[PDB]
Amino acid sequence: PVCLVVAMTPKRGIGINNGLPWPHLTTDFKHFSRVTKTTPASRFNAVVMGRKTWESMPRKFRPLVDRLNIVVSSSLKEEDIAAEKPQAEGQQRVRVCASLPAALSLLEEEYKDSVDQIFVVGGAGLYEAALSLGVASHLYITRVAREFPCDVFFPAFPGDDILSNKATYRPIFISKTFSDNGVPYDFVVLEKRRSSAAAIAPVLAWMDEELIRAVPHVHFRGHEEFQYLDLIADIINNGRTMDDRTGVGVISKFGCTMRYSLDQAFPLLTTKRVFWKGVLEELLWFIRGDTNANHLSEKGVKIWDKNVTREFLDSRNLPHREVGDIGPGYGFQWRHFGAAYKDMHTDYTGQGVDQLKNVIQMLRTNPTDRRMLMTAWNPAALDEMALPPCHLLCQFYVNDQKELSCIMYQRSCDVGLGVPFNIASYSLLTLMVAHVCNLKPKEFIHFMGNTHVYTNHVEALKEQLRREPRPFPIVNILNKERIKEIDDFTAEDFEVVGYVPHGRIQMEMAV
Amino acid sequence: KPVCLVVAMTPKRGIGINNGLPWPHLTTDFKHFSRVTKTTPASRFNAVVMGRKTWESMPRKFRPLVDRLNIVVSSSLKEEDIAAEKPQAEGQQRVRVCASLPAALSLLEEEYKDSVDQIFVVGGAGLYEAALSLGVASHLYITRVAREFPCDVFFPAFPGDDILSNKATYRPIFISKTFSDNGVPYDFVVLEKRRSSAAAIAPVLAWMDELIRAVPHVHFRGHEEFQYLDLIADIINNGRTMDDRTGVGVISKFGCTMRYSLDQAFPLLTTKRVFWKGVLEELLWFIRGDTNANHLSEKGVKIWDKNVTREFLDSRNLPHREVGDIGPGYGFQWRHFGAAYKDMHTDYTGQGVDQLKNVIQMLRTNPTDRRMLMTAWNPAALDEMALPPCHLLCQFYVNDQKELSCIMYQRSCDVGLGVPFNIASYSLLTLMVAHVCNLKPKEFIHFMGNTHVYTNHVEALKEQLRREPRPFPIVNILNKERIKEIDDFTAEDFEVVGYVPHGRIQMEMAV
Ligand SMILES: NC(=O)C1=CN([C@@H]2O[C@H](COP(=O)(O)OP(=O)(O)OC[C@H]3O[C@@H](n4cnc5c(N)ncnc54)[C@H](OP(=O)(O)O)[C@@H]3O)[C@@H](O)[C@H]2O)C=CC1
Ligand SMILES: NC(=O)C1=CN([C@@H]2O[C@H](COP(=O)(O)OP(=O)(O)OC[C@H]3O[C@@H](n4cnc5c(N)ncnc54)[C@H](OP(=O)(O)O)[C@@H]3O)[C@@H](O)[C@H]2O)C=CC1
Ligand SMILES: C#CCN(Cc1ccc2[nH]c(N)nc(=O)c2c1)c1ccc(C(=O)N[C@@H](CCC(=O)O)C(=O)O)cc1
Ligand SMILES: C#CCN(Cc1ccc2[nH]c(N)nc(=O)c2c1)c1ccc(C(=O)N[C@@H](CCC(=O)O)C(=O)O)cc1
Ligand SMILES: COc1ncc(-c2cccc(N3CCN(c4cnc(N)nc4N)CC3)c2)cn1
Ligand SMILES: COc1ncc(-c2cccc(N3CCN(c4cnc(N)nc4N)CC3)c2)cn1
Ligand SMILES: O=c1ccn([C@H]2C[C@H](O)[C@@H](COP(=O)(O)O)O2)c(=O)[nH]1
Ligand SMILES: O=c1ccn([C@H]2C[C@H](O)[C@@H](COP(=O)(O)O)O2)c(=O)[nH]1
């Protein structure tokens with residue numbers, strides 16, 4: 001019973017010019033070091049590698065300490081490796097075998113009592129040979145989210161859908177997303193599947209007296225998206241069937257919380273492609289305090305059209321609104337809170353309270369202040385809006401390390417559709433704000449009120465929950481030097497790096 | 001050889017009156033009792049042991065207790081006094097009569113080994129006194145009845161009776177949430193005498209894996225107050241030390257949640273006494289839309305005075321504010337959002353948005369509406385306020401079964417002093433609104449922004465955490481018929497039933 005341990009691009013690339021295709025991945029190496037060494041007393045592990053893999057290592061690190069180094073090679077001799085560097089005392093001498101079947105036979109003969117776990121470390125020669133013989137019980141895969149130029153590739157295998165879109169291998173473990181040198185990645189493991197408390201118990205047994213899960217197989221679920229998935233599953237399992245303003249039935253839960261890290265990667269959800277062009281163009285729209293939805297619509301972003309139609313504005317009891325007008329909406333309250341609205345064309349400069357500018361000036365001069373809030377809810381002008389704000393409130397926070405976090409409260413949540421859009425939108429705002437203030441982005445926290453999935457979306461969401469997440473992408477702000485204030489961002493100032501989602505899921509917007 | 005004791009108990013240790021139970025029928029208790037005495041892991045059954053009067057107090061259809069070996073301790077009653085009392089059913093075990101508890105335990109070993117699984121002393125005072133003296137009691141199953149009743153028979157005093165009320169040891173290993181039957185709150189505690197299948201997943205868990213705990217013995221944590229206790233513990237252990245607008249050192253955290261049930265009992269926290277006279281007077285102050293802190297100050301609630309002083313009013317740059325005037329405070333926006341403020345004496349009826357009216361109306365008519373929100377935060381009006389509202393927003397949610405839930409978001413949370421007050425203050429509003437809208441109260445959800453403990457409380461809080469919580473009380477609304485609007489309520493229309501909190505800890509208010 002052997003295990004494979006690899007780092008791998010989406011297109012299964014592993015090496016180039018007999019070296020790693022990426023810049024050094026410190027957290028990947030630490031993870032490698034730990035897996036290959038650790039043991040529950042008397043036994044050391046074994047690291048089986050090829051010649052090209054052995055050679056590609058730095059001289060400093062070979063032989064890999066505390067582990068039986070076995071090199072599969074015909075051309076290299078057992079003494080050339082011995083003459084390469086003097087051996088340090090306390091380690092088994094590096095062993096050379098003809099092929100991989102012969103390599104494991106060596107452990108059967110001479111090391112039957114000493115070795116605990118067996119690890120094949122590279123490369124494509126030994127990996128291919130390992131999967132051929134099928135003696136691999138487990139695969140420890142580091143999924144590099146970014147694509148890199150490669151000439152050596154890891155062989156494709158049943159259930160390699162965990163890398164990109166297309167005896168079996170099922171994921172049992174998915175870690176949260178890590179990053180090094182602007183390279184996002186995460187760790188997965190895959191399985192070859194094909195009376196101190198006796199007194200308490202009966203009190204618990206009677207105490208209960210009273211269906212769907214996200215990716216059942218995956219038992220350790222480090223990935224942060226699991227929040228959102230388990231949140232879908234929960235409302236499908238434990239929510240309440242409700243009616244609606246829209247006329248479409250709803251399953252709703254009240255009081256819901258999600259939080260996502262910003263320090264390593266960006267929570268652009270992977271289980272379905274997120275319309276990022278939308279979250280970007282809409283956020284810049286908000287920041288401008290723009291209330292004209294045509295400016296969005298023309299850019300290819302049609303998210304607001306149905307709620308600013310001639311038909312909808314009349315039902316929303318505003319016959320004197322122009323098509324495209326969202327009223328004094330999200331962005332208007334941010335940049336001009338309380339100001340007298342006229343139309344989308346009127347210039348509202350200097351009028352009202354610019355919450356966004358004050359939130360920054362507070363962050364930049366006095367970050368411990370507890371009044372760093374931006375609201376979109378104005379009970380005075382709710383009726384003048386074409387549709388009341390969902391994401392209505394957000395608070396900011398700085399710690400010791402000059403790291404920035406952001407809470408956002410949402411009154412009403414279309415989990416299937418709006419939520420992943422909302423996560424990504426505000427997390428982006430945190431990145432923007434953090435940069436302008438000279439702070440590290442840390443964490444984004446999502447507070448939810450009415451949290452609901454629409455009944456017509458339910459079939460599509462079970463489809464989404466069969467999908468195990470991919471590593472998060474990195475969002476980079478570009479022209480970091482050129483942008484100094486929050487209004488200096490443009491659409492081209494951003495870069496989504498290594499975003500490899502699952503295929504598009506179609507979901508109708510509830511009018 | 002070891003025995004378990006199973007009792008229900010008044011805070012004053014009372015167990016009986018007039019050879020019967022002191023309280024009305026508690027179904028959930030009798031359920032607990034039935035299951036705990038009966039449930040057994042094959043060829044095996046449980047023994048129940050009682051006094052003569054316990055046997056007599058018990059209704060005829062229930063004695064002897066089915067599926068359990070009954071033993072009555074008596075010297076007047078004989079074994080044939082009981083056999084003639086009711087024909088024995090086929091299969092059941094005969095009731096045995098011993099003259100003392102040592103004889104009872106002796107009989108159990110002498111004749112009933114290999115026969116009886118577990119031994120339960122069931123009552124009354126005499127046998128509970130006897131069992132505690134012998135030191136044979138391994139576990140105490142206490143049903144803490146929170147309400148004080150007329151009692152002539154009492155459970156004996158024991159080391160560890162600090163779980164009942166204020167003052168070889170008996171410490172809690174289990175505390176459940178508060179239940180209620182017939183206007184009576186209660187909860188269940190258990191006390192203890194002290195004086196590569198999945199292992200291939202575990203190596204990656206090694207490196208990823210890594211001080212103050214409250215009531216650490218309590219292995220089961222049903223009691224919803226544990227949420228708050230652990231929230232204090234987390235802030236201290238895992239928080240970051242910030243400086244403060246007041247100057248006093250702060251340990252703080254961002255984005256933490258709590259939720260409390262309102263269908264069984266009231267989350268008026270028990271681990272320290274909460275100033276309920278304040279929570280009631282402050283809320284009815286808000287409801288009236290009052291901005292005059294002297295109306296609270298004259299009534300014995302001085303919670304706002306340190307913030308309406310001439311010094312603080314001038315430090316907030318408001319020279320013309322009279323002493324007492326909070327400016328457009330929380331009460332003000334609730335009923336007059338956007339109204340132009342003058343002083344506390346000016347009459348504002350009709351001006352601004354009456355959010356509270358709109359909330360109740362939307363509730364009583366269109367409960368599936370998601371715009372059912374109230375907000376104290378008014379960016380344009382913040383400057384004129386003596387203090388920017390801490391609790392700034394609440395949302396209401398109505399269920400399938402006409403069940404009301406409420407979320408409240410609080411930007412800044414004094415976890416030592418303000419948080420339990422706020423839990424109490426909105427749970428009360430939720431009760432009030434529910435009655436006024438003809439709805440069953442279900443849940444209060446607390447969303448928290450800057451969640452912090454002051455450093456001149458750290459010592460005073462570590463002490464509090466040593467205290468395990470008592471059952472929650474019931475808050476009843478008196479004069480239900482007379483009250484039909486939210487303004488109809490007065491301080492007298494309420495009654496806190498079964499409140500048994502721990503001693504007061506002195507915590508100064510930060511100005
Ligand atoms: N991403 C990752 O996790 C890792 C990537 N790498 C990368 O992989 C590349 C090196 O791997 P690769 O190019 O595939 O070369 P290999 O590491 O597979 O080694 C090739 C040589 O080893 C011998 N060999 C290998 N497999 C067998 C076998 N089954 N039977 C007999 N002999 C065998 C052969 O010798 P002969 O010709 O004499 O038969 C062959 O020439 C480098 O670019 C390196 O950076 C390396 C380690 C980890
Ligand atoms: N809430 C609860 O958990 C429970 C409450 N109760 C309440 O308690 C009351 C009955 O209990 P209580 O009044 O204490 O009476 P008991 O049930 O303790 O029975 C009293 C009789 O039992 C015998 N006896 C008990 N202990 C001893 C001893 N150590 N040595 C010798 N004889 C003993 C004596 O019988 P004799 O005189 O024949 O020798 C005595 O007269 C009822 O009102 C009942 O409702 C009862 C059980 C549980
Ligand atoms: C949230 C928000 C902003 N908005 C505004 C907006 C307004 C009313 C709404 N009403 C309802 N019922 N659900 C919504 O998601 C919604 C969203 C959006 C509107 C539509 C889409 C939409 O049709 N979905 C995108 C997919 C984007 C994604 O991956 O999330 C699409 O493919 O068209 C997204 C966002
Ligand atoms: C929250 C809030 C509203 N308020 C108003 C108010 C105003 C300024 C504040 N400032 C600070 N820093 N913390 C607060 O909790 C606080 C509270 C209160 C203020 C004080 C007390 C107080 O002194 N404690 C109570 C004891 C209550 C308990 O034990 O929990 C007392 O006995 O007076 C209570 C409520
Ligand atoms: C950029 O500098 C650099 N870059 C690389 C090295 C290095 C030094 C020793 C050895 C190696 N490898 C050994 C094996 N590997 C591996 C990494 N992660 C996983 N999950 N599986 C692997 N099988 C990477 C290749 C790499 C030194 N220096
Ligand atoms: C008024 O109706 C009513 N009222 C009372 C009864 C009743 C029926 C069986 C038995 C009894 N006991 C009195 C209460 N006991 C008890 C209850 N909880 C705990 N935790 N420990 C106990 N020792 C034991 C025995 C009471 C029936 N009917
Ligand atoms: O950012 C958004 C915008 C809209 N919605 C969804 C949720 C609601 O179902 C609907 C708005 O309608 P009301 O909540 O106003 O009824 O749009 C979101 O989830 N997020
Ligand atoms: O109802 C209240 C009133 C006050 N505070 C506390 C929290 C903060 O510690 C302090 C307000 O300080 P600023 O957030 O305004 O700085 O008062 C509450 O938690 N709840």
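First the proteins, then the strands, lettered A, B, ... as listed; each starts at 1. Structure method, as recorded: X-ray crystallography, 3.5 Å. Counting convention: from 1, in listed order, for ligands and their atoms alike.
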**Asked** If you rank chains by contacts with ligand 4, which one has the most, by name in UniProt?
**Response** Bifunctional dihydrofolate reductase-thymidylate synthase
**Message:** Okay, my options are CB3717, LY2090314, AMG 337. Which one is at ligand 4?
**Reply:** CB3717
**Heavy-atom contacts under 4.0 Å with CB3717 (ligand 4), by chain** = B
**Asked** What makes up the binding site of CB3717 (ligand 4) if contacts are defined by heavy atoms under 4.0 Å?
**Response** B/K272, B/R273, B/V274, B/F275, B/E282, B/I303, B/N307, B/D414, B/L417, B/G418, B/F421, B/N422, B/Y454, B/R504, B/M509, B/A510
**Request:** Write out the dUMP-binding residues UniProt gives for chain B that lie under 4.0 Å from CB3717 (ligand 4) by heavy-atom distance.
**Result:** B/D414, B/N422, B/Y454
**Request:** Find, among UniProt active-site residues of chain B, the one closest to CB3717 (ligand 4); state the minimum non-hydrogen distance to 1 Å.
**Result:** B/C390, 6 Å
